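The model below depicts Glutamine Receptor 2 holding cyclothiazide.
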Amino acid sequence: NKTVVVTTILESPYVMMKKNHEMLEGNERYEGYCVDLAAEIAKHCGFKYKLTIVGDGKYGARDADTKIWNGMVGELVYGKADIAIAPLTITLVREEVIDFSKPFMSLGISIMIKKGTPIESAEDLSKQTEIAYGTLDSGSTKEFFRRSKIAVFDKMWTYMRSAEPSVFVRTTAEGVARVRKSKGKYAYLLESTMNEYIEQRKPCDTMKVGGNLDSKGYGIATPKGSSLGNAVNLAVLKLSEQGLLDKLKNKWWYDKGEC
Ligand SMILES: NS(=O)(=O)c1cc2c(cc1Cl)N[C@H]([C@H]1C[C@H]3C=C[C@@H]1C3)NS2(=O)=O
Ligand SMILES: N[C@@H](CCC(=O)O)C(=O)O
Ligand SMILES: [Zn+2]
């Protein structure tokens with residue numbers, strides 16, 4: 001019996017620092033959907049755990065050339081963490097190196113715009129040039145475009161990869177701030193979950209437009225062949241069927257809505 005090392009990321013409303021975290025210790029310093037989920041997964045699987053924020057603040061991508069994985073995926077692949085409980089997207093390239101539980105939350109790539117922006121779809125973005133658009137560095141959303149075969153998406157990637165100054169951002173907050181401060185000249189491509197969350201946060205000046213570009217979900221990840229895999233997957237199913245996952249999404253997304 002050993003304390004499970006949990007890697008996660010500071011991303012609202014999944015994991016956030018508590019107001020007086022400086023006066024708290026260990027897992028008590030954090031709050032959010034994934035903090036709540038972590039406690040439940042651990043309780044049902046019967047293990048003690050320690051939440052740790054991923055060092056490089058990234059989700060996970062493999063550097064072409066160096067072939068080294070960064071972010072939470074990296075912490076799992078190189079043995080720094082035993083499990084990842086965060087808004088980590090299930091993708092083929094990742095499932096080839098780590099294991100994923102069935103999804104605990106659904107999402108799709110979506111468009112965030114400053115209210116009033118002349119955009120209603122991805123096709124709209126790909127057909128104009130006045131409004132710039134980008135995605136998060138090191139994420140599944142960037143990969144989606146980099147490897148998309150679909151016309152509208154291949155065209156969009158071609159623009160984004162060559163846009164100057166860079167249309168990519170280091171963090172979701174950076175993307176959101178760019179939308180809010182660009183007077184409608186910047187649209188941000190991000191997962192519906194984050195988009196929906198920000199839409200219910202003051203100043204209530206952003207909006208999700210159009211339908212989602214794809215359909216996927218977040219899963220709890222473990223190193224390939226881990227002993228925790230089975231139990232965690234069963235826990236996710238149990239918690240999903242008992243309605244806890246829905247309860248947690250409402251608690252962190254809409255129950256505390258500010259708009
Ligand atoms: N509506 S939501 O995003 O909070 C949400 C999304 C999903 C849930 C449960 C909730 Cl509450 N459960 C499923 C899980 C239950 C089983 C059927 C599909 C997987 C395994 N995942 S999902 O379809 O990605
Ligand atoms: N959830 C994504 C990060 C957010 C994004 O790429 O938009 C991932 O696991 O890479
Ligand atoms: Zn429970």
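Index from 1, following the sequence. Determined via X-ray crystallography, 1.8 Å. Just follow the structure's listing: the first ligand is 1, and inside any ligand the first atom is 1.
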All copies of cyclothiazide: ligand 1
Which of the cyclothiazide atoms, numbered from 1, are nearer than 4.0 Å to a heavy atom of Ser240: 8 (C), 9 (C), 12 (N), 13 (C), 14 (C), 15 (C)
Ligand and ion contacts of cyclothiazide below 4.0 Å: none
Enumerated cyclothiazide atoms positioned under 4.0 Å from heavy atoms of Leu245: 9 (C), 10 (C), 11 (Cl)
Whether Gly217 lies under 4.0 Å from cyclothiazide, heavy atom: no
Cyclothiazide N/O within reach of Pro103 N/O, cut-off under 3.5 Å: yes
Atoms in cyclothiazide flagged as close to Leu237, the criterion being non-hydrogen separation under 4.0 Å: 15 (C), 16 (C), 20 (C)
Contact atoms of cyclothiazide, heavy-atom distance to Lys249 under 4.0 Å: 4 (O)
Residue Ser106 vicinity, atoms of cyclothiazide by number, heavy atom under 4.0 Å: 3 (O), 6 (C), 7 (C), 22 (S), 23 (O), 24 (O)
Non-hydrogen contacts within 4.0 Å of cyclothiazide: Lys102, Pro103, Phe104, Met105, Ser106, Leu237, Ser240, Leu245, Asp246, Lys249
